[PDB]
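The following structure holds 1-deoxynojirimycin.
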Amino acid sequence: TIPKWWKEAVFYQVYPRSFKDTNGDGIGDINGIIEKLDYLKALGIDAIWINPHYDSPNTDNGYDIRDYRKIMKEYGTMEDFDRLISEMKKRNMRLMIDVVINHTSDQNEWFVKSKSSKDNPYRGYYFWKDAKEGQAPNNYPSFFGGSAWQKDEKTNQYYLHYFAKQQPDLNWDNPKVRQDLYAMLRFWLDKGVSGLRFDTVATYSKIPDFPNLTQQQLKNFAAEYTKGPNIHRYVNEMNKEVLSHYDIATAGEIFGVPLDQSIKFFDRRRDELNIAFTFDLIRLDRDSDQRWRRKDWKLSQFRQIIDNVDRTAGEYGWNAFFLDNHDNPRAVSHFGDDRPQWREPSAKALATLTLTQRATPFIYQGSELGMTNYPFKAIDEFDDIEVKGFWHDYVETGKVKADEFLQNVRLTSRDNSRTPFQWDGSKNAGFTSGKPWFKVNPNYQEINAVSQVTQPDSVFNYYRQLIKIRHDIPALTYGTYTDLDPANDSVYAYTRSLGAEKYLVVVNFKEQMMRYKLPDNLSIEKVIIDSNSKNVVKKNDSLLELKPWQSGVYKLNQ
Ligand SMILES: OC[C@H]1NC[C@H](O)[C@@H](O)[C@@H]1O
């Protein structure tokens, strides 16, 4: 166990575009983040991870980068960015930025040159291939719909894009590409950035000769794209030439990587990355083939995945833990119950388990308020290119009826987490003086930061209390994680232990009162915190009477 600031820190993720607008154009910006640092400090946040802040045409809201060395026009200036770093440092907060180097915008200078001719010096910065029998090079599908190969009539070849056609993949097999990327990383790291979150880090290495995927592989192509023969060689080379020269925290977004293989990216002995962003938990109820469709899940599955993720990190790796983010539905809607009667208690319950995992917790903007999914009705209400791609592939082809599709994407769309942050009860929830780029959830009159910061029993203040408790108790960061019963579908209970310091965490996932007798002669010394409960717990109790959605943290005897 090696203590590190990034294992003990409580991170907060800010999606700039939807956090706080300060110029009235309806788009959140860097000055807006700066304006709200005192709010985040009050919450108790130690580090902020911001989504892409670089010059971009926004086909994928920042993840299609046109110029890596320029600030996104809508977000502000380089001076604004340096000020954010300064203002955060003054508050002992650290900044983590998003590194998107699997692909660039098709407007990026490198691609503009690459596509201009087969002999351009930059041709090999991307993947260009001839048609196979007048068709795409192979059957690779794109995550955002259709083929991962886009035809360019000028040079009579197709280029590879795992994501949007406007996101051509960089050729990491070209040493010149790697060297230019490392130089770019240094440009940002030398500005004082404390962390890097690597976007789709496991797909940098492409499969030699691009052979077709089998019928089976097509059902989970994401996993096939993480099987490049040089991925670890490249991540480790990046560590040796760049990462190891700074005291930074690096997170790896390893979507598609089988859990068993994830440790190769985060085992500290391997000199690759630091913090694992696994997706086994957050996608537990998602179809792996029709990635927009959801299915029913049970608490036993949820906790069994957590146990597997914990065991996989083991002694040498380290995990992040989050229940939502900008690519997934809101935590309270997904894992809790967002109906008016249960939103606040279930949100507090999820906050309790989040802040007490043996992992670095990441709180997504607005979930500290209990923000919920957005009430989408028609397909034209979505901004997300991913849902549009699924719509084209599944509904426009007649494979799935529009109503069944909408029933599912209302619950799974990334856009559920991209509606503007709900600051107060004023027009557009105080997010902007103009017209928001994406509509504000009508529930902002009931759910907003101003209403909650001064109410001691608010969701915001429950997160604040839990963050302080985590900061105060080492066992809640480093303690061994033990699930008391992986097969229990009603009461989630586990202990966090560091020597003689042992804590119990309990969450009643059912909307009925539950009695829960502790196992193995465990008994309670004292309550640390609890939520949605008026029941009295006393010294030596070994049985808890749990109200619906009740959660709590207890110090155990011995
Ligand atoms: O860059 C492609 C994809 N990578 C993962 C990011 O979280 C998501 O927002 C983005 O669209």
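Note that chain A carries the PDB entry numbering, so the residues on display, from first to last, are 16-573. These numbers come from the heavy atoms of this one structure, side chains and all, not from hydrogens, waters or symmetry mates. Just follow the structure's listing: the first ligand is 1, and inside any ligand the first atom is 1.
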Would you let me know which chain has the most contact with 1-deoxynojirimycin (ligand 1), using the name from the PDB entry?
Sucrose isomerase SmuA from Protaminobacter rubrum
From the options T215, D214, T74, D113, select the one whose nearest heavy atom is closest to atom 3 (C) of 1-deoxynojirimycin (ligand 1).
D214
Numbered atoms of 1-deoxynojirimycin (ligand 1) (with element) below 4.0 Å of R429, judged on heavy atoms:
8 (C), 9 (O), 10 (C), 11 (O)
Do me a favour and list the nearest non-hydrogen protein atom to atom 11 (O) of 1-deoxynojirimycin (ligand 1) with residue, atom name and distance?
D75 OD2, 2.6 Å
Which atoms of 1-deoxynojirimycin (ligand 1) are found less than 4.0 Å from any heavy atom of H341?
6 (C), 7 (O), 8 (C), 9 (O)
Which of the 1-deoxynojirimycin (ligand 1) atoms, numbered from 1, are nearer than 4.0 Å to a heavy atom of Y78
1 (O), 6 (C), 7 (O), 9 (O), 10 (C)
Which organism is chain A attributed to in the entry?
Protaminobacter rubrum
Report the binding site of 1-deoxynojirimycin (ligand 1) using a heavy-atom cut-off of 4.0 Å.
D75, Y78, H118, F159, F178, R212, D214, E268, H341, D342, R429, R433
Between the protein and 1-deoxynojirimycin (ligand 1), are there any N or O atom pairs that come within less than 3.5 Å of each other, and if so, what are their names and distances?
from: 1-deoxynojirimycin (ligand 1); atom 1: 1 (O); to: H118; atom 2: NE2; distance (Å): 3.1
from: 1-deoxynojirimycin (ligand 1); atom 1: 1 (O); to: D214; atom 2: OD2; distance (Å): 2.8
from: 1-deoxynojirimycin (ligand 1); atom 1: 4 (N); to: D214; atom 2: OD1; distance (Å): 2.5
from: 1-deoxynojirimycin (ligand 1); atom 1: 4 (N); to: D214; atom 2: OD2; distance (Å): 3.3
from: 1-deoxynojirimycin (ligand 1); atom 1: 7 (O); to: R212; atom 2: NH2; distance (Å): 2.9
from: 1-deoxynojirimycin (ligand 1); atom 1: 7 (O); to: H341; atom 2: NE2; distance (Å): 2.9
from: 1-deoxynojirimycin (ligand 1); atom 1: 7 (O); to: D342; atom 2: OD2; distance (Å): 2.4
from: 1-deoxynojirimycin (ligand 1); atom 1: 9 (O); to: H341; atom 2: NE2; distance (Å): 3.1
from: 1-deoxynojirimycin (ligand 1); atom 1: 9 (O); to: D342; atom 2: OD1; distance (Å): 2.8
from: 1-deoxynojirimycin (ligand 1); atom 1: 9 (O); to: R429; atom 2: NH1; distance (Å): 3.4
from: 1-deoxynojirimycin (ligand 1); atom 1: 11 (O); to: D75; atom 2: OD1; distance (Å): 3.3
from: 1-deoxynojirimycin (ligand 1); atom 1: 11 (O); to: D75; atom 2: OD2; distance (Å): 2.6
from: 1-deoxynojirimycin (ligand 1); atom 1: 11 (O); to: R429; atom 2: NH1; distance (Å): 2.9

